[PDB]
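Complex: LY2886721 / Beta-secretase 1.
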Amino acid sequence: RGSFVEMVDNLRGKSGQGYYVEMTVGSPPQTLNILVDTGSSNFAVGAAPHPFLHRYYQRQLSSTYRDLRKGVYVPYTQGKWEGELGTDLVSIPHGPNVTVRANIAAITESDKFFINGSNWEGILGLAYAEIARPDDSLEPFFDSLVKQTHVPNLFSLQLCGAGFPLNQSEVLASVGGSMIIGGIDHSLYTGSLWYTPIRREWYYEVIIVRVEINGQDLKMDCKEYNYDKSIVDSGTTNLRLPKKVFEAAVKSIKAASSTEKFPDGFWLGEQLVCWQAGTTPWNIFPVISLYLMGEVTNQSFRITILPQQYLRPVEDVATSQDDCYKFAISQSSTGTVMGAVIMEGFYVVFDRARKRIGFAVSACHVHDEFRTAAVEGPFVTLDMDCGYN
Ligand SMILES: NC1=N[C@@]2(c3cc(NC(=O)c4ccc(F)cn4)ccc3F)COC[C@H]2CS1
């Protein structure tokens, strides 16, 4: 049974541009679309005109706006945002039937933050206060929600990739998935949920203990997989891997798929590759298994993704009926990032109450009739020291 009908199908978007949920801020309520971001911890919204924003938070029109008289500056690798801190009443229309007073960073300047055509106007950082900006005294949204209401301290995400390109109209009209606030909806997954511990409450940090490509062990010291951390991050597109793991994985994926040769720019995630309509050779590309530490001592389980997850559908650079994709695995210098293309394979339970992350096969993962994504266990013979310090 699906017990959270009110919140099922409340997301829209896609791996290229992000998955978002509708929220309201202020009194009377101002509706905004907000990126669901498990890899940061600020609730930050556009609050001044911008060429890529169709709307924005207007603090002067909110009777419940409270000015904290404090700026926040947030540079990150790909860009930056800065703005002004305050609080206001916030609700999620397709969410729990509650309204909370939460911190809001009113974005006044940004660089490469907003995405033309994404249809979102702010971000909902769902990770922990430790990585909030300017510091850990700025209570994140979810903490406020839990403190102020009877909502259980847990949320779950089903991100649904289409498996093909969606034009602007289609992505607006399409259901992109679900964020279930306070619970687990059984209709969103098949098979069993398997849980891995949250190593530390800052990012949603986990520990990978083994990596296989088509069943072949990458055979790296498991610390390499978590150097310098491994996180589950809905606010990143790709599966990102530490440099040395990336190099070893790409070598192995190339070897598995070697019946076709792809240019270097494809493997660099820059260049698309295309096949005649319907003829994408899924079967030449390997499955990828990530083994995660179990809750039981000396046990692990694995999550297995298909090329239908790690090849991201993109429309052709020229007009055609070809099926085209970009390689959605890329190198990282800040650890492993299980981004949206990985999350598209799975229903993911962020069980904050029990300090654990659950994975099950998603009811909306893209596959073919020969192979599916999998979550399987337990495995009891693995060497598990895998965390980086
Ligand atoms: N997890 C991260 N969150 C941050 C962030 C994320 C994004 N996300 C996206 O555009 C995006 C697009 C496609 C996707 F499938 C997912 N996300 C945009 C701005 C931005 F600042 C906020 O804190 C650090 C920064 C960099 S890593």
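Nothing fancy with the numbering, it's 1 onward along the sequence. When a ligand or atom number is given, it counts from 1 through the structure's own listing order.
Residues contacting LY2886721 within 4.0 Å (heavy-atom distance) are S15, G16, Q17, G18, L35, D37, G39, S40, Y76, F113, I115, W120, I123, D233, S234, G235, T236, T237, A340. Taking atom 4 (C) of LY2886721 as the reference point, the nearest protein heavy-atom neighbour is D37 OD2, 3.5 Å. Inclusion of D233 in the set of residues having an N or O under 3.5 Å from an N or O of LY2886721 is warranted.
Contact atoms of LY2886721 toward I123: 22 (C) (distance under 4.0 Å to a heavy atom of the residue). Annotation: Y76 places no N or O atom under 3.5 Å from an N or O atom of LY2886721; distance criterion only. Each of the following atoms of LY2886721 lies closer than 4.0 Å to a heavy atom of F113: 19 (C), 20 (C), 21 (F). Taking only nitrogen or oxygen atoms, main chain and side chain alike, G235 reaches within less than 3.5 Å of LY2886721. LY2886721 is contacted mostly by residues of chain A from UniProt domain Peptidase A1.
Atoms of LY2886721 lying under 4.0 Å from at least one heavy atom of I115, given by number and element, are 10 (O). Near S40, the atoms of LY2886721 lying under 4.0 angstrom from a non-hydrogen atom of the residue are 22 (C), 23 (O). Less than 4.0 angstrom separates some heavy atom of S15 from each of these atoms of LY2886721: 13 (C), 14 (C), 15 (F). Of all atoms in LY2886721, numbered sequentially from 1 with element shown, those under 4.0 Å from a heavy atom of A340 are 15 (F). In the entry, the organism recorded for chain A is Homo sapiens. Under a 4.0 Å criterion applied to the non-hydrogen atoms of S234, LY2886721 contributes the atoms 16 (C), 17 (N). Counting atoms of LY2886721 from 1 in the listed order, those under 4.0 Å from a heavy atom of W120 are 10 (O).
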Pick out the protein N or O atoms lying less than 3.5 Å from any N or O of LY2886721, and list each pair with its distance.
unit_1	atom_1	unit_2	atom_2	d
LY2886721	1 (N)	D37	OD1	2.9
LY2886721	1 (N)	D233	OD1	2.9
LY2886721	1 (N)	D233	OD2	2.8
LY2886721	3 (N)	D37	OD2	2.7
LY2886721	8 (N)	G235	O	3.0
LY2886721	17 (N)	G235	O	3.0

